[PDB]
Number of protein chains: 2
Amino acid sequence: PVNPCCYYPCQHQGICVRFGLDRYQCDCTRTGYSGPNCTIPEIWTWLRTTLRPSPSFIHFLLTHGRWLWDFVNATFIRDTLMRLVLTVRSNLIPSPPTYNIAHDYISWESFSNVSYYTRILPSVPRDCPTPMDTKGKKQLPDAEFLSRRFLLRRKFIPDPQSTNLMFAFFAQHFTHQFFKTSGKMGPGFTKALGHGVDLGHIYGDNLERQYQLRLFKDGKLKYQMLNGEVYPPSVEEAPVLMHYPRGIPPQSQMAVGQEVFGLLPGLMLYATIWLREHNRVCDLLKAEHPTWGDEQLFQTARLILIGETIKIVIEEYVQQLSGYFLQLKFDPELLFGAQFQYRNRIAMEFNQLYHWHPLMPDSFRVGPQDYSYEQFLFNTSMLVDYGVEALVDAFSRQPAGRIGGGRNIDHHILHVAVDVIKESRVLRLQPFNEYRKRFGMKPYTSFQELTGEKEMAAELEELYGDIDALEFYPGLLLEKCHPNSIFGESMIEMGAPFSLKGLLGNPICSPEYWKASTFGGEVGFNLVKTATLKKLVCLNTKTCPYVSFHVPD
Amino acid sequence: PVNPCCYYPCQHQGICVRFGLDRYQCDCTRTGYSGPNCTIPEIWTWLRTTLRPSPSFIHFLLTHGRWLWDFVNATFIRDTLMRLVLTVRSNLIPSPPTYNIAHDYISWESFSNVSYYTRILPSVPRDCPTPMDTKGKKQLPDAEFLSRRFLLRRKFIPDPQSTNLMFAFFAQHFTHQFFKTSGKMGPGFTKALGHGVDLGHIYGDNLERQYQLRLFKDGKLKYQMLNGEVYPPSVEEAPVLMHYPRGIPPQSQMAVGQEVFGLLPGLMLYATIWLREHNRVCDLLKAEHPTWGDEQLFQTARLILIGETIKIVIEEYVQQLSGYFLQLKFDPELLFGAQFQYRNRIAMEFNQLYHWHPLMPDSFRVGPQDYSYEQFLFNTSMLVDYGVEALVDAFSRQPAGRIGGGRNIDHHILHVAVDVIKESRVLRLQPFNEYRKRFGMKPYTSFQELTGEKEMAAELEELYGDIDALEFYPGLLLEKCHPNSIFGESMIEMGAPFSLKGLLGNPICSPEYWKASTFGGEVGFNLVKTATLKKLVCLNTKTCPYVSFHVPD
Ligand SMILES: *[C@@H]1O[C@H](CO)[C@@H](O[C@@H]2O[C@H](CO)[C@@H](O[C@H]3O[C@H](CO[C@H]4O[C@H](CO[C@H]5O[C@H](CO)[C@@H](O)[C@H](O)[C@@H]5O)[C@@H](O)[C@H](O)[C@@H]4O)[C@@H](O)[C@H](O)[C@@H]3O)[C@H](O)[C@H]2NC(C)=O)[C@H](O)[C@H]1NC(C)=O
Ligand SMILES: *[C@@H]1O[C@H](CO)[C@@H](O[C@@H]2O[C@H](CO)[C@@H](O[C@H]3O[C@H](CO[C@H]4O[C@H](CO[C@H]5O[C@H](CO)[C@@H](O)[C@H](O)[C@@H]5O)[C@@H](O)[C@H](O)[C@@H]4O)[C@@H](O)[C@H](O)[C@@H]3O)[C@H](O)[C@H]2NC(C)=O)[C@H](O)[C@H]1NC(C)=O
Ligand code: HEM
Ligand code: HEM
Ligand SMILES: *[C@@H]1O[C@H](CO)[C@@H](O[C@@H]2O[C@H](CO)[C@@H](O)[C@H](O)[C@H]2NC(C)=O)[C@H](O)[C@H]1NC(C)=O
Ligand SMILES: *[C@@H]1O[C@H](CO)[C@@H](O[C@@H]2O[C@H](CO)[C@@H](O)[C@H](O)[C@H]2NC(C)=O)[C@H](O)[C@H]1NC(C)=O
Ligand SMILES: *[C@@H]1O[C@H](CO)[C@@H](O[C@@H]2O[C@H](CO)[C@@H](O)[C@H](O)[C@H]2NC(C)=O)[C@H](O)[C@H]1NC(C)=O
Ligand SMILES: *[C@@H]1O[C@H](CO)[C@@H](O[C@@H]2O[C@H](CO)[C@@H](O)[C@H](O)[C@H]2NC(C)=O)[C@H](O)[C@H]1NC(C)=O
Ligand SMILES: COc1ccc(-c2noc(CC(=O)O)c2-c2ccc(OC)cc2)cc1
Ligand SMILES: COc1ccc(-c2noc(CC(=O)O)c2-c2ccc(OC)cc2)cc1
Ligand SMILES: CCCCCCCCO[C@@H]1O[C@H](CO)[C@@H](O)[C@H](O)[C@H]1O
Ligand SMILES: CCCCCCCCO[C@@H]1O[C@H](CO)[C@@H](O)[C@H](O)[C@H]1O
Ligand SMILES: CCCCCCCCO[C@@H]1O[C@H](CO)[C@@H](O)[C@H](O)[C@H]1O
């Protein structure tokens, strides 16, 4: 017989449970609905469903009406709407986490073993006719052909919203502290056991590497001096595992928390910036605490860099990414009234969703020079040659690519987009419409409703055969964008819940930690509350370059 | 200079932070008070302080007035007070956890490394004059002399509240799933990384041992048949590390989740009962789910045994321990309105606090036979000889010892109480009065106010020199008891917050897990909601003996 859970009968976060040989039951508990399919709405849910404006309309209100938002930002309505964004979006992510690659049900092993990634929806069952359930073809399109035909950049499409490569390397640096997929254990497994903003891309994902990176004097990290400037130390001075070209000159390798940050100059740029910030904070703490040993000067400075990381990513990173006239705010006290679990567990869908390789340009313009991928990838001297001031200045002027819309990935890194499609089939992710229904959206009825477009949609209808068989990552990238925006509807309504739940589920946002004694007094606590990326760069440099998440006018 | 934090200046959960060379500041954030010492009360805190009845008066209301509580238990007030018990006590435990043996401050390492135990108050600083801070003698009393003079049983003092040895072996079995102190790593470190009711004393504290114990058929655990009765399997059949006498006959060893459960017959009694329960639940799930594999039948049955463990410990274990006419209730839905973190981290003070060795009798009466410690400790055939029916029947009739009051530990196990005092000095626990102030109680002004007694109090005043130098564990055990009760005030107000936070901080109590689909439908979910210890015994036996947490009339 056919597995009935292949039909995805349970609506609105209902739980399909097989009974007997061939039957099933949906668990409608606290879904807001009742009935066999969990489709009979309750009274409050019906009222809030008919009074619910569409996400595109909300994007219209938040991106227009500048006279209104100048009033909203100057009053308490800013705090009210910020609390609304946080609670409504993070309510949509399960905490405690539910499933993983091993278990399509709730288990103690899925809870306690943090080596897994979690997942929002279950896998497609093994006994389904179609690889995506019941609708579609008996085999799926070629990932190389989908990437070549629909995701490959032909002409560079710049982000209309003004996004930097300073933004894009910040997004690669920031997201690789909780995206470390284990090559040994396989897909669905992670080495980043913090599952969030722990800065394990700076201090290491385990304790032994952390002690290999620490100076053990004044709480500082180890470092080396080149041309009078502070850089991460050599692997000869900090002997820990760093991926590099086989046959480099170590004594020119640099040791940082993330094993792969040597492979790109912008990633080692940010690692240099944060290391300089760590030791500056250590100087500020030691001035105020002469009695502290090495551990307390270290751990409190780590908490300061964690806090100012979340400050910068909410009020500048997500601010630039949203385009909102509403000025976003990082205040953990906004959640002190609600029931909010201060935990995070990285989802595999959220790993699929941060493949923002369209941000990468055709070439890397640094002043008068223009470097190709072969000149930029794996390059080891460009950081020390130009300096952090000059690479921040050059990356904050070059435009980044638009994420959504399709057909904007360079061919040098298009292979990544290929593997993430193939990995999406290994992990048995559900169809794109099922993730739209899970994150509060209506499924698409046709491919041309997806793309807003005639050619690609019809060729996709030849490849997939049904809209209900479209895969997750191609659906996120081939979706139509909101007008003059970085990406489209599904990247909004799926990416924001994971990202904000990951930012305020950090325990430093809890009532138990969010106080001045945690950060060594009012000095470090105002370092968290006052952090910009301009202060992250220009306080750790000799000159202050142009530093921003957007291009200049 | 003298460390000012040695004086413990910060009151009401204030945080002592050293500034400069010799000064300090208290962090009064969300303490309810303000001022330099955090002693100036706010308006609401003053109102709730003057309107706060004493804990002894609350114990009087909860243990008397049977006509009133017969009305309360039949109405919604039972649900109201239970919510009040849960929210008020667990609010007193920090979640996320704060400190550990390494860090007397908040750190990311204290958060993420679950190998540590946590601690509620910081350690006594190393630069204090007195080992307990500032008040007391330059060295502390001999732990062997305190145990011999004040904790050693002379005549058996039975619990006036009626407590079984079925209770006491349940308390030893239950608490050794989150009390596994690492001999390799030392004090302050634990092997039980679940930090709560994970049943790792049944399924193992790591995954490899878990697969060594699983049958991998129908989700069951491995087992062996002796005299027609189901027992845990031999180590020859389940080859995993089990502590036993060097030179036993394995093929008569039994393999269970906890490495030390072979050393006592009552611990292996409970492990036998829970193993029979696991495979019974596997039969019930397989009847309803013919399609499930081995993993889902296993993990959901584990969640059923976790849930019915918490049901039994709240509505029978803590019920018998309290003596309340208020009938306690396990309903996680009581906390769905509040802000409650579904996490637990075992504290070292709570480890100090569950040393209930006074419960153990002078001898172990089994029917007509009466076994000594040398006949009962390490004995390997008594379980299979009498059977679980007969040992449950015999343990539910023999009285257990009163915990509080002092002078009630048998000499066979008095050495444990010695080491836990010495360990209390290794961990640098603060004085007993400081934990009274931390858990919402006034400190004692004298030793005779502590004991309600003349002789022991004066000899303690010769040994310690000041009431403010009394240690934690001796203060808990030498305290006066509430009238006709198992122990005294400080064991109430310290033990209940850890214990209830540990019971409902389990993620199965969260809104995300507490539903029927988690337990495989209404069958297992009613197995959680209907579990008694009589059902835990008599459904897994041929005959139903007397099974209770209290002696018969
Ligand atoms: C988070 O989860 C992951 C994934 O679950 C964990 O990583 C995996 O851990 C697995 C177990 O440690 C491991 O799988 C094993 O599978 C094969 C086959 O397993 C055998 O199991 C029993 C064992 O029988 C043995 O008995 C004797 C006793 O002494 C042994 O010497 C002898 O070798 C014999 O096999 C057999 O009954 C059965 O038939 C199988 O033969 C093992 O051989 C493997 O070596 C492996 O241990 C798996 O590889 C791990 N990795 C992955 C990617 O799955 C991870 O540990 C967990 N994290 C935490 C913190 O718990
Ligand atoms: C939870 O926390 C606990 C407690 O912190 C963790 O358990 C402990 O982990 C510690 C580190 O893993 C371990 O302490 C070590 O102490 C010293 C460390 O000194 C090292 O460094 C110096 C100098 O640097 C050396 O480094 C290079 C590297 O290649 C050497 O070759 C070279 O010789 C150079 O000098 C040396 O003096 C020293 O040789 C060390 O390299 C070591 O001597 C110890 O052996 C140990 O490694 C501690 O023992 C652990 N246990 C306890 C009870 O503290 C636990 O890991 C953590 N859990 C998690 C999950 O993170
Ligand atoms: C020159 C620029 C870049 C290069 C060379 C590059 C290269 C790669 C490669 C080779 C992988 C491994 C894929 C696989 O093993 O199948 C990867 C994964 C990934 N990429 Fe990039 N990428 C770049 C830019 C970016 C940017 C700007 C982001 C921004 C978010 C990003 C996000 C990711 C993520 C999240 C992963 C998954 C990591 C993991 O699973 O551990 N990439 N990238
Ligand atoms: C015949 C009965 C008992 C014996 C022989 C016994 C023996 C021991 C021993 C030898 C230790 C180790 C102490 C050390 O290494 O310093 C210990 C620890 C402990 N005992 Fe028992 N005990 C008994 C009864 C109980 C009971 C009924 C309880 C009920 C709660 C209990 C609670 C504990 C706890 C919580 C620990 C700490 C465990 C750890 O830190 O890993 N004991 N006991
Ligand atoms: C719940 O969903 C299932 C599957 O979507 C529905 O089952 C289908 O019902 C139609 C009409 O009776 C049948 O023609 C199909 O054969 C059914 N499919 C399966 C797999 O059972 C079911 O009707 C829905 N529940 C309700 C109340 O409408
Ligand atoms: C890595 O980047 C450095 C930039 O310092 C490259 O070296 C420069 O190359 C450009 C043109 O290729 C020259 O105009 C500069 O004068 C060079 N400067 C130095 C200091 O060498 C280097 O070629 C890059 N690596 C690779 C492999 O291309
Ligand atoms: C806060 O607590 C500290 C310590 O209990 C108080 O400081 C003591 O004050 C007395 C009274 O003058 C002195 O004799 C001691 O020498 C002080 N000790 C220390 C370590 O400073 C302090 O007075 C309290 N704060 C207030 C406002 O009373
Ligand atoms: C372990 O317990 C068994 C009981 O099952 C003990 O054996 C009994 O000993 C008593 C006297 O001590 C006899 O009256 C019984 O007839 C014995 N029964 C059996 C089946 O042998 C045994 O002695 C205990 N172990 C130790 C070391 O004392
Ligand atoms: C995919 O990675 C991310 C990261 C962050 C967000 C995110 N978090 O909060 C907000 C504000 C909000 O919730 O609306 C947004 C957002 C919203 C609209 C928007 O339009 C382009 C861009 C970003 C979303 C996805
Ligand atoms: C030390 O180990 C424990 C374990 C459990 C509790 C505990 N948890 O909830 C309640 C009810 C309550 O909160 O009052 C109690 C309790 C209260 C009074 C009481 O008098 C003898 C005995 C137990 C306390 C300590
Ligand atoms: C008028 C300005 C309102 C700002 C509040 C916006 C935050 C609410 O955001 C809402 O989150 C839901 C769940 O993720 C989505 O389903 C909705 O489409 C989206 O608008
Ligand atoms: C209360 C003030 C209401 C002003 C009406 C704003 C109209 C916004 O209209 C929006 O335009 C978008 C395209 O640009 C569409 O995609 C949205 O569905 C639509 O609601
Ligand atoms: C240190 C901050 C103290 C604030 C809360 C007081 C701590 C003790 O709160 C406890 O609540 C229990 C709930 O029923 C009562 O039974 C106890 O009498 C009471 O002591």
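Here is the naming used below: chain letters follow the sequence lines, and residue numbers restart at 1 for every chain. Every number for a ligand or one of its atoms is a count from 1 in the order of the listing. Determination method: X-ray crystallography, 2.8 Å.
Drug at ligand 10 (options carboprost, mofezolac, quinidine, norgestrel, pimasertib): mofezolac. The macromolecule with the greatest number of heavy-atom pairs within 4.5 Å of mofezolac (ligand 10) is, in the PDB entry, named Prostaglandin G/H synthase 1. In this entry, the other chains with a heavy atom less than 4.0 Å from mofezolac (ligand 10) are B. Among residues UniProt marks as active site in chain B, the one closest to mofezolac (ligand 10), with its least heavy-atom distance rounded to 1 Å, is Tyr354(B), 3 Å.
Looking at chain B and mofezolac (ligand 10), the transmembrane segments (UniProt, N terminus first) with a heavy atom under 4.0 Å away come to 2, 4. UniProt lists residues of chain B as binding heme b; of these, a heavy atom within 4.0 Å of mofezolac (ligand 10) is found for none. The residues of other chains having a heavy atom under 4.0 Å from mofezolac (ligand 10) are listed as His59(B), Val85(B), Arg89(B), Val318(B), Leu321(B), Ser322(B), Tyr324(B), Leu353(B), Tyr354(B), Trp356(B), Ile486(B), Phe487(B), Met491(B), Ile492(B), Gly495(B), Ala496(B), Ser499(B), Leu500(B).
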